[PDB]
Structure formats: structure tokens, C-alpha cells
Amino acid sequence: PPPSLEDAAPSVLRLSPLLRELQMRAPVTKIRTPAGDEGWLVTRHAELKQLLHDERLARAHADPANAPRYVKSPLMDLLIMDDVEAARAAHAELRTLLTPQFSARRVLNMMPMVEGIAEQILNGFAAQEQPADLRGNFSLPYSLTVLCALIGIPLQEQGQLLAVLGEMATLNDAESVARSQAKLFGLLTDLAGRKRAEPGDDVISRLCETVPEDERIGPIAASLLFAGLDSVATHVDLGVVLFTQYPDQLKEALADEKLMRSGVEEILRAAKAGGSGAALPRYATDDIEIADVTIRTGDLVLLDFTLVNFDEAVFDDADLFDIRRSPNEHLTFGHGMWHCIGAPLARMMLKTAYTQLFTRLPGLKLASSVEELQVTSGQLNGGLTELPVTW
Ligand SMILES: C[C@@H]1[C@H](O)[C@@H](C)/C=C/C=C/C=C/C=C/C=C/C=C/C=C/[C@H](O[C@@H]2O[C@H](C)[C@@H](O)[C@H](N)[C@@H]2O)C[C@@H]2O[C@](O)(C[C@@H](O)C[C@@H](O)[C@H](O)CC[C@@H](O)C[C@@H](O)CC(=O)O[C@H]1C)C[C@H](O)[C@H]2C(=O)O
Ligand code: HEM
């Protein structure tokens, strides 16, 4: 029986020993998923990068109901279709719709909105009673408010979102996920009809121009919001932890915009809970020969973007936080057909956050120890349960 991927990591910002062992054993290796099934874990940079460009991996399985699962989640099950050409076309359309929204030009047009929301939230955060949770008081409201503004979700309708998005991340209750997913899909399909009638400068309105069916705009906007919210918030949090542990690198990043940009890359490479970094399931649509192994049609393949970021064949002293790594060859956003569509926004949001946070609160420090930080578990893209800081 293959080793089981565990529920989190023993502590934050260090790769879990089980993952480091799996990586040493083989480039592609059989594991047991949290959901109990068997799967291929890709553990090394060169092999992951090659498989990110292999057309034989798809979000498709001949029998999705019986396909080997990564996690027990009705969210993943919406992702997997039973025809390959139908899955390929659905994926292709998602990227065609969304890639223009995140061009360098359009992201540049988001900067004032992002900086302005960060300043309003930071104004309130600096006044909180200390120690204060940076995640609930800053990084989550920051991420939620920017993403809702860009997508076009009214301030008047945001109250219920943090509850529904958090529930959708649960691996603990299958029926609570599915009805939260429908609440969110229903909220945003309803919203799409309203913005069709009254368009604004936002993503939902621009999708209306090209997509005439509300019932398919809503799930795209919902999955856009779910894709960005926690990941951006968690990287604000862990980026803040790293910078409080290497204050000399924080100060030089504040002093030179080149080093703040490469500092954000080094946070994207290393600011990790240390647990399993695979995000979505992929299935072989044909047999693939690689790394002295044979992946078979229907097999589950897990691309662990976090784990390959610590591959010593690529990164000198990989456990070390060093913002001067350049070029920084992390694969945190994927690559090729699968590459994160929000990467330019995420990069800009993180740079905005660290700059404003540490300029306004230069004495920002952990209330307790890094070892005392509690990584969340039993969840999709959980990060920390809270991050108490003082300043
Ligand atoms: C075909 C389909 C239909 O037409 C439509 C009706 C279907 C809609 C279905 C949508 C389903 C969406 C499911 C998303 C699940 C994310 C899980 C994330 C878990 C992440 C993992 O976390 C772990 O999980 C383990 C279990 C725990 O053991 C462990 N303790 C920890 O918790 C790893 C962490 O990952 C990253 O965070 C970033 C992700 O967050 C990025 C993600 O968000 C993507 O961006 C989501 C992209 C997604 O949206 C693509 C869809 O859009 C494509 C799409 O819709 O196709 C349409 C055309 C960053 C962290 O550094 C990772 C780290 O920790 O090292
Ligand atoms: C630090 C923040 C983020 C990280 C680490 C991250 C990471 C990732 C990763 C690893 C994938 C590939 C998933 C897979 O195929 O296994 C992905 C895909 C995706 N990301 Fe991000 N992401 C971040 C922020 C965002 C944001 C803010 C948005 C939207 C505003 C977004 C939208 C998407 C979408 C739509 C996909 C699916 C792409 C596809 O199916 O081809 N991401 N992201």
C-alpha cells in the first residue's frame, strides 16, 4: 500500500518530511490520496514541467463517478467530464474567456483599485487591539474586496461570501460543499443576468458580451472567486511571516522595487504551509511513459507545484528564504495550458500588500513563535488558522 499524503505539515514554512522523502524516492511515485484512492505524485521539477505540457493529461475520465479521487469533494467532481474532447473544449473556452481579462494592460488598470482597497483596510487594521489576527483583519477582507470589485460582485451582496467560499473548501462534509457550490453558482448566474441588463466595468459584464447564457457565466465567475480568494490571502499571511523572520531582506525589498518583485517571487516559491501542494486532479487519457514508470489511461496524476519548488537539482539551498534568487524558476502558477490565469493580479496584490503593510507598520512582528502557528487541515488551500501579530 502506497504512502498516504498526510493532513497538513508538522509546522509552517518547512516542507513536511514525508514529502521530502517521496521526492527522494522517485520523480513520479504512487501514493494514497486523502480520499483513499491510489495516485501518481510528481515530485521533481523537470518531470513536473514536462508533464505540464503533455496533452495526455486532462480533466476527463471515462467513468467520473468511479474515477480515482484526490479528495472527497463535490467541487472536484464538477471539474471532471466523461468525454475528453468535451473537457478539452470546456477548458479551452474558459481560458479564451478569461485570459484577456488578465493581460498586462488590464491588470495595470486594476492598480488604483487594489491600492485603494488595501489602504482603507490597512487604515482599520492598524487600529485593532493587539495582538491582532492579520488574516481575518487584513488578508481575507483585502482579497475578498479586490476580487469582488474586479469580478463585479456588489458590496451590497458580499456579506454571505466568506461563509460560502469557506464551506466550499471543506473536505469534511460532502453535502455541505455541494449546496454551498450551488448557492454560489446561483447567486452569480442571477447576478450575471442583472449585469447583462446593466453592465459595469468588471469581468462579469465583459463575459456577457461574449457569453449569452447566464447559467454558464455564473460558474465561471464563482470559480474565479474561489480560485483567487484563499490562495492570495494565504500568501499575504505567509509572506508576512517570512518577512518578519528575515527583516534585513524586508528592509532591502522596501528600498528597491526590483527586490520587492523578486521577494514576491521568493514568497511564491517558499511561503508554504509545508503540506501537499497538489491542487486539482488530472487523469491520463492515454498511457504516458516517463521517469521509468508507466501511467495508464484513467490513472490519477497529482502535480505538486509546492514540492518541486524545493527540488535541490534546481534551487541552491532550497529551504533558505533568499529574495535575490534570479531567475526564480518556481512552478507555483503552473505552466502551459494549465497556467494560473490570475498570476498577474496575484503578483500585483502581494506586492501592494507587503509594501503598504510594512511601510505603515514597520515594527510588525509575530505575537508568538512560528512553531506556534497552526496550519489548517482537512481543507482545500487552507493556510493558517490565524496569524496574531503586534506592531
Ligand atoms: C470543466 C469546468 C466546468 O465547466 C465547471 C462547471 C466546473 C467548475 C468547477 C470548479 C472547481 C474548482 C475547484 C478548485 C479546487 C481547488 C483546490 C485547491 C487546493 C490546493 C492545495 O491545498 C491543499 O489541499 C490539500 C487537499 C490539503 O491536504 C492541504 N492541507 C492543502 O489544503 C495546495 C495549495 O494550492 C495553492 O493554494 C493554490 C490553489 O488554491 C489554486 C487553486 O485555487 C486553483 O486556482 C483552482 C483552479 C480551478 O478554479 C479551475 C477551474 O476554474 C476550471 C474550471 O472551472 O473548468 C470548467 C470549464 C497554493 C498553496 O501554496 C498550495 C499549498 O498549500 O502548498
Ligand atoms: C498566490 C495566488 C495564487 C496561486 C498560488 C495560484 C495557483 C494556481 C495553480 C497552481 C493553478 C493550476 C491548478 C491546476 O491545474 O492544478 C491555478 C489555476 C488557476 N488560477 Fe490561480 N493561483 C493564485 C491566484 C489566482 C487568482 C487571484 C485568480 C483569479 C482572479 C486565479 C485564477 C485561476 C484559474 C481560473 C485557474 C484555472 C486555469 C485553468 O483551468 O486553465 N488564480 N492557480
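For chain A, we keep the numbers from the PDB entry: what you see runs 6-396, in order. Header lists the method as X-ray crystallography, 2.0 Å. Counting starts at 1 for both ligands and their atoms, in listed order. Every heavy atom of this structure was used, including side-chain atoms; hydrogens, water molecules and symmetry mates were not.
In this structure, of danoprevir, posaconazole, amphotericin B, the molecule at ligand 1 is amphotericin B.
Bound to amphotericin B (ligand 1) with the largest number of contacts is the chain that the PDB entry calls AmphL. The residue-level binding site of amphotericin B (ligand 1) (heavy-atom cut-off 4.0 Å) is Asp12, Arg64, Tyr75, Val76, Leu80, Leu83, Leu84, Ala95, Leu99, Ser228, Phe231, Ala232, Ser236, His240, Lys277, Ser281, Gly282, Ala283, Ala284, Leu285, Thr311, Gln384, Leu385, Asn386, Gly387. In the vicinity of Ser281, heavy-atom distances shorter than 4.0 Å reach the amphotericin B (ligand 1) atoms 23 (C), 33 (C), 65 (O). Listed by number with element, the atoms of amphotericin B (ligand 1) under 4.0 angstrom from any heavy atom of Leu285 are 13 (C), 14 (C), 15 (C), 16 (C), 47 (C), 48 (C), 50 (C). Against a heavy-atom cut-off of under 4.0 Å, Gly387 is close to the following atoms of amphotericin B (ligand 1): 32 (O).
If you number the atoms of amphotericin B (ligand 1) from 1 as listed, the ones under 4.0 Å from a heavy atom of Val76 come out as 26 (C). Nearest to atom 24 (O) of amphotericin B (ligand 1) among the protein's heavy atoms is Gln384 O, 3.7 Å.
Listed by number with element, the atoms of amphotericin B (ligand 1) under 4.0 Å from a non-hydrogen atom of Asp12 are 30 (N).
Those atoms of amphotericin B (ligand 1) that come under 4.0 Å of a heavy atom in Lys277, given as number and element, are 61 (O). Looking from atom 25 (C) of amphotericin B (ligand 1) to the surrounding protein, the closest heavy atom is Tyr75 OH, 3.8 Å.
Interface of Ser228 with amphotericin B (ligand 1), defined as ligand atoms under 4.0 Å from a residue heavy atom, comprises 49 (O), 52 (O), 55 (O).
Listed by atom number, the atoms of amphotericin B (ligand 1) under 4.0 Å from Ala232 heavy atoms are 43 (O), 45 (O), 49 (O).
For amphotericin B (ligand 1), none of its N or O atoms has an N or O atom of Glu11 under 3.5 Å away.
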